Novice: 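Hey, check out tacrolimus bound to Peptidyl-prolyl cis-trans isomerase FKBP53.
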Amino acid sequence: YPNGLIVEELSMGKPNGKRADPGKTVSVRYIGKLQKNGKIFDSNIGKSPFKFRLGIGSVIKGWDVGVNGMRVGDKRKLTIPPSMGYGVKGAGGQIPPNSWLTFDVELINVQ
Ligand SMILES: C=CC[C@@H]1/C=C(\C)C[C@H](C)C[C@H](OC)[C@H]2O[C@@](O)(C(=O)C(=O)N3CCCC[C@H]3C(=O)O[C@H](/C(C)=C/[C@@H]3CC[C@@H](O)[C@H](OC)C3)[C@H](C)[C@@H](O)CC1=O)[C@H](C)C[C@@H]2OC
Ligand SMILES: [Cl-]
Ligand SMILES: [Cl-]
Ligand SMILES: [Cl-]
Ligand SMILES: [Cl-]
Ligand SMILES: [Cl-]
Ligand SMILES: [Cl-]
Ligand SMILES: [Cl-]
Ligand SMILES: [Cl-]
Ligand SMILES: [Cl-]
Ligand SMILES: [Cl-]
Ligand SMILES: [Cl-]
Ligand SMILES: [Cl-]
Ligand SMILES: [Cl-]
Ligand SMILES: [Cl-]
């Protein structure tokens, strides 16, 4: 297992697409999964866009680090250690304690 977060480029969007920088409100399409078994716990595909302010710590740390630097249309895979996810708490009744997480993410907009 990695010492920290792994971020993989799955595909590149627009070369001059707006860039996700700290302080921006960014809009992301995602699928979240438990890394240990691949079970999917959430997606917003076909639902409303998920917006968050990058860098303020409202999302798990793996997202604040992992989404940073994306340009619109980029797709990334995030592999997130427990300390950069929900740690001993878990979440949603869906993520057990001490879970490694995987997310597929696509940047849709930057505001
Ligand atoms: C305070 C206002 C309530 C507000 C609640 C809602 C809008 C309800 C709505 C269903 C929330 C999420 O859906 C958008 C839902 O998302 C999941 O399904 C999911 O896929 C996930 O993991 N996501 C969502 C996408 C961004 C990454 C991550 C996250 O970081 O989510 C964030 C998260 C839970 C962070 C905690 C916050 C507390 C810290 O202590 C902890 O610190 C480690 C990290 C979300 C976006 C928060 O910022 C927003 C809120 O909490 C969880 C499996 C379960 C979670 O429902 C609970
Ligand atoms: Cl890569
Ligand atoms: Cl590409
Ligand atoms: Cl694109
Ligand atoms: Cl753009
Ligand atoms: Cl969609
Ligand atoms: Cl910020
Ligand atoms: Cl802040
Ligand atoms: Cl750049
Ligand atoms: Cl960890
Ligand atoms: Cl932890
Ligand atoms: Cl929570
Ligand atoms: Cl499980
Ligand atoms: Cl795990
Ligand atoms: Cl997928």
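We count residues from 1, following the sequence as given. Computation of the quantities below employed the complete heavy-atom set of this structure, encompassing side-chain atoms and omitting hydrogens, waters and symmetry-equivalent molecules. Whatever order the structure lists them in is the order used to number ligands and atoms, beginning at 1. If you check the header, you will see the structure was determined by X-ray crystallography, 1.1 Å.
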Novice: Mind telling me which chains or ligands belong to tacrolimus?
Specialist: ligand 1
Novice: I need the residues around tacrolimus for my notes - heavy atoms within 4.0 Å, please.
Specialist: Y30, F41, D42, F50, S58, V59, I60, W63, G85, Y86, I95, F103
Novice: Can you help me figure out which UniProt domain of chain A most of the residues touching tacrolimus belong to?
Specialist: PPIase FKBP-type
Novice: What is the source organism the PDB records for chain A?
Specialist: Arabidopsis thaliana
Novice: Any idea which atoms of tacrolimus are less than 4.0 Å away from a heavy-atom of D42?
Specialist: 16 (O), 17 (C), 18 (O), 19 (C), 20 (O)
Novice: Under a 4.0 angstrom heavy-atom cut-off, which atoms of tacrolimus come close to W63?
Specialist: 25 (C), 26 (C), 27 (C)
Novice: Hey, which atoms in tacrolimus end up nearer than 4.0 Å to a heavy atom of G85?
Specialist: 43 (C)
Novice: Show the atoms of tacrolimus that are less than 4.0 angstrom away from any heavy atom in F50.
Specialist: 14 (C), 25 (C), 26 (C), 46 (C)
Novice: Is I60 in polar range of tacrolimus, meaning some N or O pair under 3.5 Å apart?
Specialist: yes
Novice: Which other ligands and ions shown here have an atom at a distance below 4.0 Å from tacrolimus?
Specialist: ligand 12 (chloride ion)
Novice: What atoms in tacrolimus come closer than 4.0 Å to a heavy atom of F103?
Specialist: 20 (O), 21 (C), 22 (O)
